[PDB]
Asks: 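If you scroll down you'll find the structure; I have some questions about it.
Chains are named by letter, beginning with A, in the same order as the sequence lines. Going by the PDB entry, the residues shown for chain A are 79-412, listed in order. Using the PDB entry numbers, chain B covers 84-412, in order. Throughout, chain C uses the PDB entry numbering, with the displayed residues spanning 86-412 in order. The numbering of chain D matches the PDB entry: 79-412, in order. Atoms within a ligand are numbered from 1 in the order they appear, just like the ligands themselves.
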Amino acid sequence: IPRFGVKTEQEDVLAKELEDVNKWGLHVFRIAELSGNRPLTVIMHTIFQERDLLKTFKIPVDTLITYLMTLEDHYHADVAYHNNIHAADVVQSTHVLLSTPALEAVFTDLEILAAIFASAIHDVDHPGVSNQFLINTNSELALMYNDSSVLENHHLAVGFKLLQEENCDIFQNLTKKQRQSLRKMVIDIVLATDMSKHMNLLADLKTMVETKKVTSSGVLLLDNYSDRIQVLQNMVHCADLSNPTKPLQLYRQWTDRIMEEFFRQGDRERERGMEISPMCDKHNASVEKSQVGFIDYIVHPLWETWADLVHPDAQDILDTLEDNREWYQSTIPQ
Amino acid sequence: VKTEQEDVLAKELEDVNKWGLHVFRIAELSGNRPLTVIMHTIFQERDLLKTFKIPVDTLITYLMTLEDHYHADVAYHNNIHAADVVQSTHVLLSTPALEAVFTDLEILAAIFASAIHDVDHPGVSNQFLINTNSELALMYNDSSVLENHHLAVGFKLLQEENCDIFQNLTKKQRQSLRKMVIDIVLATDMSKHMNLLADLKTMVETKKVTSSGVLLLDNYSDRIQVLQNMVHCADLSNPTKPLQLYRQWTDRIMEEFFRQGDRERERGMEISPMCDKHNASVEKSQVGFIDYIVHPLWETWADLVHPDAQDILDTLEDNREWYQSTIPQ
Amino acid sequence: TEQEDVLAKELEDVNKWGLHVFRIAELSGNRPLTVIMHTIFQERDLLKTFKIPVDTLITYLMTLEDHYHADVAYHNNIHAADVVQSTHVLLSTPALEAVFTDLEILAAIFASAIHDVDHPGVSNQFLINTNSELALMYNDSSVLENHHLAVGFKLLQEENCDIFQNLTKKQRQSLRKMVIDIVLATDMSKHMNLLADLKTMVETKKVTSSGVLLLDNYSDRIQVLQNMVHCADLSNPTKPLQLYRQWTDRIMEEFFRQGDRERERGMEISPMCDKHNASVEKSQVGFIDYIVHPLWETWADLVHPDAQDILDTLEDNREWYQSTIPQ
Amino acid sequence: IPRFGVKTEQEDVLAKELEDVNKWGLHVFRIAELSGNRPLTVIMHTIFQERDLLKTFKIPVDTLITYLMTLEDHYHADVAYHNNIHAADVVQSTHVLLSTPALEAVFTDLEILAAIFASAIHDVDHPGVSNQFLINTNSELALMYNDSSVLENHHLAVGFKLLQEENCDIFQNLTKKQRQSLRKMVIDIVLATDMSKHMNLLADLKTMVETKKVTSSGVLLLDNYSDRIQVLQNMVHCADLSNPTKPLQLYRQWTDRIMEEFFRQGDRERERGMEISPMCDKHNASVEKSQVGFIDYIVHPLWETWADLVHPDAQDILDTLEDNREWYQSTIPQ
Ligand SMILES: COc1ccc([C@@H]2CNC(=O)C2)cc1OC1CCCC1
Ligand SMILES: COc1ccc([C@@H]2CNC(=O)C2)cc1OC1CCCC1
Ligand SMILES: COc1ccc([C@@H]2CNC(=O)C2)cc1OC1CCCC1
Ligand SMILES: COc1ccc([C@@H]2CNC(=O)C2)cc1OC1CCCC1
Ligand SMILES: [Zn+2]
Ligand SMILES: [Zn+2]
Ligand SMILES: [Zn+2]
Ligand SMILES: [Zn+2]
Ligand SMILES: [Zn+2]
Ligand SMILES: [Zn+2]
Ligand SMILES: [Zn+2]
Ligand SMILES: [Zn+2]
């Protein structure tokens, strides 16, 4: 995109926007336009360089860029929510959560690499429909994964498979030991994004906040793998369910996108004479009531528990959530 | 009772048997279901549901399912191109020179084959899939990767819930249908164009017609060959359509080609031919496409059903001039 | 006929815990899974009940059996045949008499028949360490088990093979879910947590007035079915010594081959797979003590006292092997 | 790290057997027993060392052995004919044919590697039944490959797929251009092994013989890829059909195996109520007539043409073929 070794006017504007990668509330949609619809590539690249992950894991730059573009190319541009913009956002969000004071120096570079790589592939090749819809139509995807976390298993499978395309193996220089460890952590994290796992994921997290233990600096202390992976699973899970905690201006865009996607599934289900899934009926919808419900039963209980784990780090995020809830509350038409 | 969108749609569907159907218009009016609507319309028109005892619901379900597997984000190789090739083949099947030459099964094969010939097309060429070591290319050994895939997906989609539209055909019919469909779709791979055309010419030079001018086809070989070229012509019929339609196709294919070029540029790959938006020649390209591929093909087909395709050759030669006089200097 | 007079005679034990499966494999021409599944389907009148054409059932069974590897010493068609017949008997246990619908009975038996289809003779960890296509497809999670399910269902799609063609949509979805639930439960890594939940059920155990076990909701009925097939899969040590020793030789042969493969490859040799540092005897006793017995003891406490003659046979076979531990 | 790729205390007896690696009639069955059923791994290792392919293409020793073991592991031990022994034999036979005087210095190292690799993977994961059988039972395999060269397309896919297992990428150090060339040549060679392409192949070979050209040296002239790949295809095709041209003792063993595999398909076809395939009915078998017919209508016509192409290099191969043909003839019950 440059000319004579100097940034283009667009690149410069993009570079200036990217300066907020370490802040909750990055203008992720602005970055998607500026990057020519390459939010996931540019943001992952910026984060890998910010964290010096290329040197640490000897990842050639071109291989990194080639894989990222290939990964992004596999997110469907025609899907309203579960696309490359959602992935870029979950990546950036995870990146911010990883740098929380309460977790400073808690994770190794490899665990950090896993949290981020997992965030980047967690919804790749999402068809824009739920597991249940895939299950009810006897799709081969459902047949292949025995109707269990179909999409999630698929996202993982594809994320790894793309490492094999020409000059795409960003892990070519890791030892078998590192790769097996990285791989197990990424799998554990992504499978934990299947909402059907939510309740139990939160139950275990609350419990961890009970036996919780720290140091004289308030920094968390995680004994073994079981505790460290649990924090990472919930971290990415929070990032995936962070739309409601973002400045309303961003949140509203996420709401329109998820509803647009749900409504498309409802239309397809109606055409096919299937029962219209919950919240996927544009003729009997309550965008405001549903967002309030989403917040009261899932998002608030999750972030509240997280804010507790890293208290008081996630206070502003928690305040924003509660504020956005009241805003949606006051919007319900009587 | 009316419902406007319905009157305007059903009205447009009235041209289903005519070369020049306003397919883009039908796509809009049907809420983006041109393949479902047109296939179904055509299936009724030819009385196909009754002949092969295809339950309506199963057909509609399979059609929407198939249509759902064409990519909405692909400018050219999407559900609209599929619908067009289907309808274009439906017209070519009714040409006088072939009157009553094909059985109902063979008619079903040419149409189903047209419906799935490009399903799940990613918007990029075989060579791009090969050069990047895509899972698809490795699976098909770099040979007609996409075409093999289209077949595989088209058939596979029959196994989804209430999607087996051939559930009442016999093992004999299913076997015969499968083989014909496979032969037809694999023939759409452009790398096989030159040979297909040559082999077609040799057939015209043995054109064993009747007293009415109706072609004669004995063995499966002659038969399948006409079906392969028929579908091949349908697939390559954009230029022979009313200028207003042809122009939309041209804009669509270029959008897709340029998108591939941008992809290839991003990856540092050599930009494929006619895929560089910075070094384009839309007008010059189209003219060349017509002279070296489309016209040579259509002149041969019209030479097999003479004079059934005169208006087709005329519209072609006309658009050929329109784009030509559009060449800057 | 000179053969079936012997076979059919041997097949008269289908309902007894100790059938001579090996001899049956001989007499049937290495078709124990096809034969035994056939008998059991007639015995329970499953063909007429679900309107399964005879030709279709047999074609599928043969197709299914053909996908069990003849070169694998343990995880072959004989293990499959045996787990089927064993699940068959466990379903007739008094404490469960008339507790399961025919669909459920179908699911349990079908799940048993396909539970190990296309087993390569090596463990999930081996497929994982080698970056095999199977492990990459299933994200190193219950790799073999997911595969067994996929192939089992997939083979229904072959010529004249859909034995569930005449089931209603509801029956198909129900069966499908249950078969998956069962087979995924046979992954030994799920053992500990599957037994813990079985015991928690043994405590709050409740029966009907007729005595027969009272199975409330789906969660309770599937969990009982999961553990049942799991018991059938780990039944070898509870059978008569003669049979049991044949299984030990077979499992050890398969394990040693895997060990030899890991050695040629400079891979760490898996536990009990090193033929140069073997302990066939101590291992069977340890297998019986820390896994098999605890499982069959919790099952005894569930269908008490139905699983009595079996549990004693287990405790005896242990003594025998222990008396063979060198030192 | 052992001497012949695998460990064996019979190493001395194995070494003596492997001395004939460059000779037609190597005791392949004997080598299989001595290598612990690793004839493919041992023979490929020996050939790569002799041709110096590891050095030329920077193939790490351990990567090659791991791949060969993996590849050999995917030939089925329960299949009597299409197993690792047949693959080892075809590899070795192709190796001898590549060394024929009439072809000296004609092929590049890359083309030699392609011919040998293609021979090694040409029948991998063979089920022991024909393409026709897989097509008539609606096998998943036939569906994936639209009933066209089902087995052959699969042999190629598996052979290439296995390069992705841990430490199995023997082509990791080849440039992109080399990898594409090799891949195209291997695909072209293996697909030509489908017997349904036999007549076109032969007819084409005869044509080339008709206008055959030799250089200033006594070697064949091949300009374009088209003439080059054609010779390689016929060469491997000849190796695949070389059983009848080997010392009778070896030939008869091959005959028993193929018949055993054919009858197996025969029994399976009758169990399922299928029409038994030709030469698969153990109840109506004429093993001797069949071998004679096989030699008269397929093998001899092919080797006769190959002999002319490399005249007089394969004169003894042809002489043995005729001696063996008479042996089977005098074995025909009357
Ligand atoms: C901010 O919007 C949302 C953002 C993200 C999600 C996740 C994506 N898919 C899910 O099931 C949860 C749901 C949302 O809203 C849903 C809750 C109520 C209606 C839709
Ligand atoms: C309407 O034009 C076109 C319409 C359709 C096609 C087919 C789609 N892919 C192919 O390879 C042929 C090409 C066209 O023109 C191309 C040739 C020159 C420029 C683009
Ligand atoms: C009859 O023996 C056995 C029978 C069955 C099994 C199951 C099959 N695969 C498993 O992982 C468990 C293990 C046996 O013995 C093993 C335990 C110690 C050595 C081998
Ligand atoms: C050693 O003989 C044979 C050796 C090799 C083959 C090839 C392997 N598979 C084929 O289809 C051909 C066939 C043989 O003989 C067959 C032809 C007549 C009877 C069997
Ligand atoms: Zn998701
Ligand atoms: Zn997500
Ligand atoms: Zn196409
Ligand atoms: Zn097309
Ligand atoms: Zn198992
Ligand atoms: Zn088992
Ligand atoms: Zn072959
Ligand atoms: Zn072969």
Asks: Report, using the naming of the PDB entry, the chain with the greatest number of heavy-atom pairs under 4.5 Å to ligand 3.
Replies: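 The largest contact count goes to cAMP-specific phosphodiesterase PDE4D2.
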Asks: Got a name for the drug at ligand 3?
Replies: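 It's recorded as rolipram.
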Asks: I'm curious which other chains are hanging around rolipram (ligand 3) with a heavy atom under 4.0 Å away - can you tell me?
Replies: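 Within the heavy-atom cut-off of 4.0 Å: C.
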Asks: Which heavy atom of the protein is the closest neighbour of atom 9 (N) of rolipram (ligand 3), given with residue, atom name and distance?
Replies: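 Residue, atom and distance for the closest contact: C/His160 CE1, 3.9 Å.
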Asks: Just to confirm my output: which protein heavy-atom neighbour is closest to atom 7 (C) of rolipram (ligand 3), and how far is it?
Replies: C/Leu319 CD2, 4.2 Å
Asks: Any heavy atom of C/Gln369 sitting closer than 4.0 Å to rolipram (ligand 3)?
Replies: yes
Asks: Per UniProt domain annotation, where in chain C do most residues contacting rolipram (ligand 3) sit?
Replies: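 By UniProt annotation, PDEase.
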Asks: What protein heavy atom lies closest to atom 20 (C) of rolipram (ligand 3)? Include the residue and the distance to one decimal.
Replies: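 That would be C/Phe340 CE2, 3.6 Å.
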Asks: Around atom 17 (C) of rolipram (ligand 3), find the nearest protein heavy atom and jot down its residue, atom name and distance.
Replies: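 Result: C/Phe372 CG, 3.6 Å.
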Asks: Which option wins on minimum heavy-atom distance to atom 5 (C) of rolipram (ligand 3): C/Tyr159, C/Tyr406, C/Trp332?
Replies: C/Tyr159
Asks: Which UniProt active-site position in chain C is nearest to rolipram (ligand 3), and what heavy-atom distance, to 1 Å, separates the two?
Replies: C/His160, 4 Å
Asks: Which UniProt 3',5'-cyclic AMP-binding residues in chain C are reached by rolipram (ligand 3), meaning they have a heavy atom under 4.0 Å away?
Replies: C/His160, C/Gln369, C/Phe372
Asks: So between C/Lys367, C/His204, C/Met357, whose heavy atom ends up nearest atom 19 (C) of rolipram (ligand 3)?
Replies: C/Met357
Asks: Considering the heavy atoms of C/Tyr329, write down every atom of rolipram (ligand 3) situated less than 4.0 Å from one of them.
Replies: 1 (C)
Asks: Tell me the protein heavy atom at minimum distance from atom 4 (C) of rolipram (ligand 3), and give that distance in Å.
Replies: C/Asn321 OD1, 3.4 Å
Asks: Hey, which residues are hanging around rolipram (ligand 3) within 4.0 Å, heavy atoms only?
Replies: C/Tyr159, C/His160, C/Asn321, C/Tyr329, C/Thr333, C/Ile336, C/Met337, C/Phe340, C/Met357, C/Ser368, C/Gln369, C/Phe372
